[PDB]
Amino acid sequence: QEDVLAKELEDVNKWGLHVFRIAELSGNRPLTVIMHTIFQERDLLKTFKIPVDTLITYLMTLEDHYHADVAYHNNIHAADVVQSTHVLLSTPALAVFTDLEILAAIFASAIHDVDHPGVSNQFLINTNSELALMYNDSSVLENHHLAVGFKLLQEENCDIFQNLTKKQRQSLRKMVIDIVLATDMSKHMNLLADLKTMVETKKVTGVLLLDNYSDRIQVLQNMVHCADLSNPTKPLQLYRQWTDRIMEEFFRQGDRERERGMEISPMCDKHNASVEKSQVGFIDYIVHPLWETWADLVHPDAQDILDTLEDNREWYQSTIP
Amino acid sequence: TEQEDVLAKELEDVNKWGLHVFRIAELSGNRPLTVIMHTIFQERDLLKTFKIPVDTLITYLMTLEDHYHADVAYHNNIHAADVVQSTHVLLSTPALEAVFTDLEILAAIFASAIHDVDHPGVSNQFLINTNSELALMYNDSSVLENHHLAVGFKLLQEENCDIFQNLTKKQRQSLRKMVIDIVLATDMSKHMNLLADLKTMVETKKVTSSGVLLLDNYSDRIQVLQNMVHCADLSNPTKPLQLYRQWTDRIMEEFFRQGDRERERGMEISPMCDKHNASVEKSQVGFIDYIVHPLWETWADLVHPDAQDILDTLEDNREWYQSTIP
Ligand SMILES: CCOc1ccc(Cc2nccc3cc(OCC)c(OCC)cc23)cc1OCC
Ligand SMILES: CCOc1ccc(Cc2nccc3cc(OCC)c(OCC)cc23)cc1OCC
Ligand SMILES: [Mg+2]
Ligand SMILES: [Mg+2]
Ligand SMILES: [Zn+2]
Ligand SMILES: [Zn+2]
């Protein structure tokens, strides 16, 4: 078990990690064991004088604040985005980012969905939720994920940034905020349009050259956004499991919408939904346009992932009679 | 009841720039926001238009006024009533006659009332640098302005406080978005971008057959309402000098108290907050020259010449504060 886990973790730098096995192999603690192994792999514990214990105590209370009764936005999803951002950072076309910029993108991935109630922003807005009332209908979940993620650092022996300098702590906090706020799906088009102009003005050596903060944080934003939408790009046995979990969450929200008389938002109707046609449409309009633009920026480092994405699009299309 | 008759006489000037807002606060028993909002709602027939019960309106106004801190010198209920009344006058300008709907007028006035509720008397940067719970909650992004909105909307849920109870859900949805867009624009960190957009509108403004401004899209309509409440927020140097000087003494009192809290923490004292080495007169001249006059001169161009007397008072007050320096 512990040494099945040990050898499972050996592919942390591989696109297609067995995150679900690692989850059950780790006692439902995949976020803790993956974040740890990544910090040791990138040498972040020593580079930022992070006490190993304090890293454990925070990753556990951070994982506990992910809801276990939600099918998709739980600790397994947080672990999957963490590992995938870690792989996209090791892309040959980019140590383009500093050690703090790497730690910010990895830390933002771990907290990007903490305390997710399993419902969308529009649901929280239309139901007059306390969260939407607090955050004025603007990136309600993403603001909440950040607030909870930072507040847990103030708990007993969980300030993993205790020995960072004050200027590093503020620079990290600013970058983590800018990244997690970009995970709002309502900002996907603007984030992709700005990614398309970056590739239209790309300047490489061919390692890519970013000089100003607004260009580097823009790549980090699209990077974690790419890993947030990386399910259709992983192996099919992983993709299908994520599809079952996100549809189970959409149906649960659709059940809650119908028992209040609110409109059944698309892809949420129990009794009227085509899971396979929605996945093909989700790839053709969102995932593939984003991943093909990201492929052109690190051309040709993302060719394999774009191939796997096109493979799964073809397979899901074949499941449609 | 002679104090009620003096108050009713002073409330007759609510349509006029330079209302004795400090006297109204005294005559109404520290309730300027309630009586001024009630007077404006009656003046614009808002209670009948939106079926607002009078008891519900008074109950919410008192509750909203209660949540303004009485122990803060500037960002208190008097400032809220002042911004409400000054937005009310700016809405009645001739260049904007029949331009905004009753819902947009209701949104701008309501936004003015809640735009600073529960202000603790310290800036956004102070709340960010001190690792406050508010800055943690709102991730250092428009911390105060987001808090003002959340409190102003939350108080509507108290007993007999929903003044929007008879609006349609499409009306409440539209009003809520407009109020949020307006209050968020009161963040001074967005002043340069908001003024840049206002200058672009002035350079490309279109007028109608009647001579009023043509605003045929939400982006242009909300931009005018944003800058209007923003100008009302920074309206102190455009008021008669006896009112301007009182607002100056109150904001300097708030600045000095923040600098004292900045001193007791070893922090670097924010500008214009060190009560041991500060120049009140030179700061007001720089405040007018670099912020207030560029903003109000641009707004005056937008409704030329309806704001000429307001602009003349601002330039007169700038000259006076300048004359006290040599
Ligand atoms: C227009 C369609 O856009 C969207 C539609 C739905 C969503 C919702 C959404 N959020 C996060 C992850 C998601 C993963 C999913 O599949 C995993 C295999 C998924 O599968 C829909 C068929 C939808 C997902 C987000 C969208 O992004 C833009 C708002
Ligand atoms: C870009 C935004 O700039 C600024 C934003 C805020 C402030 C500080 C500030 N905040 C709110 C209200 C203020 C009212 C005042 O007086 C009324 C008579 C005032 O008087 C100068 C001391 C400063 C004020 C100062 C700024 O500019 C300094 C260069
Ligand atoms: Mg999310
Ligand atoms: Mg304010
Ligand atoms: Zn996510
Ligand atoms: Zn104000």
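Labels below follow one simple rule: chain letters A, B, ... track the order of the sequence lines, proteins then strands, and each chain is numbered from 1. Read the numbers this way: they start at 1 and go in the same order the structure lists the ligands and their atoms. We read in the header that X-ray crystallography, 2.1 Å was used to get this structure. Side chains included, hydrogens not; waters and symmetry mates left out as well; all remaining heavy atoms used.
For ligand 1, the chief contact partner in this model is given in UniProt as 3',5'-cyclic-AMP phosphodiesterase 4D.
The drug located at ligand 1 is named ethaverine. Chains with a heavy atom under 4.0 Å from ethaverine (ligand 1): A.
Using a 4.0 Å cut-off between heavy atoms, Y239(A) contacts ethaverine (ligand 1) through its side chain alone, with no backbone atom that close. Closest heavy-atom approach to atom 24 (C) of ethaverine (ligand 1) within the set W242(A), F282(A), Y316(A): this belongs to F282(A). Numbered from 1 in the order shown, with element, the atoms of ethaverine (ligand 1) that lie under 4.0 Å from a heavy atom of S278(A) read 22 (C). Heavy atoms of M185(A) found under 4.0 angstrom from ethaverine (ligand 1) belong to the backbone as well as the side chain.
By UniProt annotation, the domain of chain A with most residues touching ethaverine (ligand 1) is PDEase. Closest to atom 3 (O) of ethaverine (ligand 1), if we only count protein heavy atoms, is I286(A) CG1, 3.6 Å.
As modeled, no covalent bond connects ethaverine (ligand 1) with a chain.
Looking at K277(A), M267(A), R245(A), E276(A) and measuring to atom 21 (C) of ethaverine (ligand 1), the nearest heavy atom belongs to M267(A). Looking at atom 8 (C) of ethaverine (ligand 1), its nearest protein heavy atom turns out to be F250(A) CZ, 3.5 Å. Geometrically, ethaverine (ligand 1) and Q279(A) share a nitrogen or oxygen pair separated by less than 3.5 Å.
Under a 4.0 Å criterion applied to the non-hydrogen atoms of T243(A), ethaverine (ligand 1) contributes the atoms 18 (C). Nearest to atom 11 (C) of ethaverine (ligand 1) among the protein's heavy atoms is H73(A) NE2, 4.2 Å.
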